[PDB]
Amino acid sequence: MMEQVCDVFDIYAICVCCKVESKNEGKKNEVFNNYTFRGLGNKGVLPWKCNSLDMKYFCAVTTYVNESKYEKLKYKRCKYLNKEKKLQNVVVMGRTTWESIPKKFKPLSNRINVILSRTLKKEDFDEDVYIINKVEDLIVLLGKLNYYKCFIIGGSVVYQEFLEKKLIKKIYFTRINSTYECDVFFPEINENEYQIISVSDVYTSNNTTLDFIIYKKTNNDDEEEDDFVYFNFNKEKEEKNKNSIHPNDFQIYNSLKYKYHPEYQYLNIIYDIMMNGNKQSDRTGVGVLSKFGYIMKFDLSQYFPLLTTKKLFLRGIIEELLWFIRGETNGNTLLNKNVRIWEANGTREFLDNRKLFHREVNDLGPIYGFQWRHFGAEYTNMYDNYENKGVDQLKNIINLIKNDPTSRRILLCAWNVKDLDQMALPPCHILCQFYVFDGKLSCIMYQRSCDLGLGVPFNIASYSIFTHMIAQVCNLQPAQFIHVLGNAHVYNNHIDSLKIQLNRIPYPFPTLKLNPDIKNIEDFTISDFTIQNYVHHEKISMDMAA
Amino acid sequence: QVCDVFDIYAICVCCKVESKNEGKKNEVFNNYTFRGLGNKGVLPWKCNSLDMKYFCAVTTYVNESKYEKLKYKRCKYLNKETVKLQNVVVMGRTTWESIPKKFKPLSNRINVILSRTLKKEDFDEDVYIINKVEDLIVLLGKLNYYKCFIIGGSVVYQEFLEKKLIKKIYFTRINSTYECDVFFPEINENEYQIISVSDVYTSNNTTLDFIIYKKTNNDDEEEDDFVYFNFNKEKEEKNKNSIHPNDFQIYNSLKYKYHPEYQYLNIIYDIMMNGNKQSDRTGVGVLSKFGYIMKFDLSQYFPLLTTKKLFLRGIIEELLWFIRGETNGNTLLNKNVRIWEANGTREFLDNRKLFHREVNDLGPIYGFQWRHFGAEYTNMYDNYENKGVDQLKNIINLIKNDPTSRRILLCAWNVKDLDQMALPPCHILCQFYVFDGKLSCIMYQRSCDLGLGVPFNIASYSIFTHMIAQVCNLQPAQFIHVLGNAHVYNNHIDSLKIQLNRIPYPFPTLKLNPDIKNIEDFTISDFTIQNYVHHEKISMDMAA
Ligand SMILES: NC(=O)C1=CN([C@@H]2O[C@H](COP(=O)(O)OP(=O)(O)OC[C@H]3O[C@@H](n4cnc5c(N)ncnc54)[C@H](OP(=O)(O)O)[C@@H]3O)[C@@H](O)[C@H]2O)C=CC1
Ligand SMILES: NC(=O)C1=CN([C@@H]2O[C@H](COP(=O)(O)OP(=O)(O)OC[C@H]3O[C@@H](n4cnc5c(N)ncnc54)[C@H](OP(=O)(O)O)[C@@H]3O)[C@@H](O)[C@H]2O)C=CC1
Ligand SMILES: O=c1ccn([C@H]2C[C@H](O)[C@@H](COP(=O)(O)O)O2)c(=O)[nH]1
Ligand SMILES: O=c1ccn([C@H]2C[C@H](O)[C@@H](COP(=O)(O)O)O2)c(=O)[nH]1
Ligand SMILES: CC1(C)N=C(N)N=C(N)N1c1ccc(Cl)cc1
Ligand SMILES: CC1(C)N=C(N)N=C(N)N1c1ccc(Cl)cc1
């Protein structure tokens, strides 16, 4: 039992890193990895001006102490040293870091401040702080103090040396998802030395998304708890596919303690379907694992929910969206933009098997577009006018949001029962419902059929984008985008690729920027959309057929 | 010097009692309703597999790493010594008598008989016995067991309860009536309270649940990480100051709330605590949230709220009315189902700008869309036979001929006809799922009045799910309820508060006349609710 020093004295490291401004000239396809976030400082200060949320997080971690837990800690440290006034944490920093703290904040409040330095000695300081000219001295000092936990708070030189010596039990690492000029960086973490064990929710602060992750040092009333064991007596049956699906293939996924990154709502569903889904076979013979009824919520005010565990592009879906909004049903419009989302559903073969023998190739019929702007009108062909015919649902919801915010009747429905058979294929996205409160807009979209491996990722982006669009032209701030899944399935084809995916740890979501000028839902164009700071894993082919 | 030191618990199971004076239908319910213990030496009900599995699992469960605190507390308070640990099972001679030779003594349990004339000389060397109750305390203070369970019988429970010798009461509730001669003592809610309520199940043609009575007292690594991650969350709740949590004494006092009704209850609570203040189309007030989802296992129970009284004749007729495709308000009014009365009046119709609609002619609503979606609506008396898309007929054929179709939807939100309706439908659609001979249904509701509507809405679609499943030779599975704009009218706040503190009873069951195989052939007499035990009716608008 070779007791590790970082465990005895509970020495942790907490930092924050942004993306480095390194030259990515040559390939528009930038590769990403955890080492993407490593910019620590610039010209003696932080690359970014400031970050309120990160600061709030920092303050909360380094000042929180658990009185009751100290009792044990003391025993631990004493026996390690063979030994038998409000509790505070210790914060240790390089001299350069200390000299960057504004005088009105020196020393860090409610914390025992320790400073590393050779050029300066205690006489050179006016504040209540401890000065040490060597690492070993820290261990000595900790042995003589009464503290909860000890946090190494920078800078690069200090993080560097504490990591080599393996004196860090954990690393509270903040990932600022934006680029800035840097001259100082955090050391490249060794994945065989440190593994991520927790990922936080994603937030926005000072014009940038960010999350919090925790790296751990890689290995190598009490009675009411029994009423629980009793209450779980009938949980006799477990995962029907656990055999066909070996949890051992989700090593990383199951090794994570806290999985709060919103992307996990998508990822956990994939897991649930794989571990408990029912085996079924759809129309062509392809098999699937299925479950019924799920709900996912994304905070569009905090980030754009574009999956990061694989690569996605949105040009196509944005064009589809603009295509929907124009009321179009002409598949060629999309194909002339090299968007093939609908190409397969408009062929001669496809149309004929739908019994649409009298439908021109690529004329998709009364689908989404047609329903949003002309529900109820008799469809003729994709070239017809239809001006002022049928119900313009889109304009209606826009007016309801503007003039009757609290209405509980703001829905956009595509499932026109009468037109179903005339459609190339019935709509998957049945309807959208909006909610308005305190100047914010939320949207609920009900999806009847859901291809988790290929479809859902794009669907989430589509409606999140749509919500931003409606909210803007109605002079509102987008809030939540609720996604309700009906028949949720995973095609057998996608399993091996999804297993890979579930083992990738999410990156902080990127953000969506809309041209602020656009004021009418119809005046948007492809160039009015900007997806910024999209950090993602390499793309995957859900289908590995060759 | 209490009854908590030795950890003496009591575990039982009581059914409902019969009465050749009253019959089968009951009127006023309370915890004492469940008290049937035994009949003619045996249990009132033949055998209940799930309860037996429950019992055998509790009185056999052991936690060696937890015996620490007891050896300490037990010997340390007797001021004496201790004199693969198992549990103890104390019973009456008769209780032990009824047990069959095969399963006697009770496997893996320290059997003990509190008999008077029992010749210990004729029992095992491990089958302890005692002459007086007081004698139990001794044997225990001399043994090294994990826990002591009083498993009966009737007389044995009484004596122990009176002596305040019970720490907790594991009470199984069989929501079914039987002939009885012995009963459990009326529990005094002043000296005993309920802490946890389990999920409801169906076993041996009867629903049942497990509740726990607790005698009123009157690593750390990731643990901290949990705190850092909640560093930005809100200290208090939006309307916490408005609606005081202390008013939910019972609701909070509960540790485990696995009864399905909590899915509904927890939402009432969530909207009350975190709901946004908002004014609606009425001028009245509401607290509202957006997007919830409830799931009910229709194979284990009928989710008819028990924390208040609900009637269903009306909603069933409405359902039959939809199936017929009617839009005629009078039909319902002549049966005294006034669910749509306010929506069919001259004024209401005129406010909807429907100046040319006959009174009670609700227009192309639910029923019309279900059987004639697309047909031109004329008046409520017209013949629409074979006009418009008959969705109802279509989904049933889809279920029967192509169960794995993901296009099985019944949609009532016909955009083209919205303004012609007295009012837009709240229940936008139903989607069906079929697996291994089981039918599941999701119903999306755009507007949810949690205090008055939602409760009935849950009953309707559950009933509908059974109906559909039966005419398709399928068994019902889950009823999934998706709420969009979920709200609580301010006027209901006081009643819901009262409702939130009531503990749900084990749900009742729904029985349909099995002969009915066509969705169009149901009639009111084909529906029967069984064993509906509920708390008294509550005026949602307590405001008088
Ligand atoms: N992104 C983040 O999370 C953080 C960023 N920063 C940023 O990083 C920069 C500062 O980092 P950096 O330049 O590496 O400087 P440091 O803050 O790490 O300080 C290095 C100095 O501290 C003293 N020191 C360090 N180790 C020892 C030792 N073992 N023994 C004796 N003295 C020691 C010495 O100072 P002396 O010269 O007196 O001998 C040394 O020159 C700034 O730009 C700041 O904004 C700082 C903290 C966190
Ligand atoms: N629902 C449930 O959880 C349970 C239901 N039951 C049912 O209830 C019935 C049996 O219960 P019950 O009638 O009370 O019979 P009991 O099992 O409780 O046994 C009563 C007898 O045990 C002895 N005894 C009990 N208390 C004392 C005491 N304080 N001091 C000395 N001797 C004592 C005496 O036997 P002796 O004749 O030797 O003097 C007494 O006549 C059956 O119909 C059975 O099916 C039984 C257990 C549990
Ligand atoms: O936006 C979309 C459109 C389609 N699909 C998937 C779901 C099904 O796998 C297939 C359509 O088949 P049906 O549901 O119609 O049977 O396409 C999605 O996931 N998202
Ligand atoms: O089956 C029903 C029918 C109606 N309502 C409620 C929802 C709203 O409170 C009101 C309808 O008004 P609007 O939401 O359409 O405005 O009735 C229900 O909860 N369930
Ligand atoms: C607040 C900040 C930037 N944020 C994080 N996550 N970690 C640190 N060590 N920080 C830090 C704290 C104190 C000083 Cl003086 C410098 C940087
Ligand atoms: C198994 C059963 C019916 N079930 C419960 N919940 N409680 C008891 N005390 N039981 C019982 C245990 C032993 C004997 Cl002999 C009779 C009934």
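Letters A, B, ... mirror the listed sequences (proteins, then strands); counts begin at 1. Going by what the header records, the deposited coordinates were determined by X-ray crystallography, 2.7 Å. Excluded from the calculations below are hydrogen atoms, water molecules and symmetry mates; all remaining heavy atoms, backbone and side chain alike, are included. Each ligand, and each atom within it, is numbered from 1 in the order the structure gives.
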- Provide the name, as given in the PDB, of the drug at ligand 5. cycloguanil
- Query: Which polymer chain has more close contacts with cycloguanil (ligand 5) than any other, using its name in the PDB entry?
  - Reply: Bifunctional dihydrofolate reductase-thymidylate synthase
- By chain letter, which other chains contact cycloguanil (ligand 5) with heavy atoms under 4.0 Å? A
- Message: Just wondering, where does the PDB say chain A originated?
- Response: Plasmodium falciparum
- Message: Could you walk me through which residues contact cycloguanil (ligand 5), taking a 4.0 Å heavy-atom cut-off?
- Response: A/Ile14, A/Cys15, A/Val16, A/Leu46, A/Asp54, A/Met55, A/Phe58, A/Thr97, A/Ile101, A/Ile153, A/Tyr159, A/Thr174
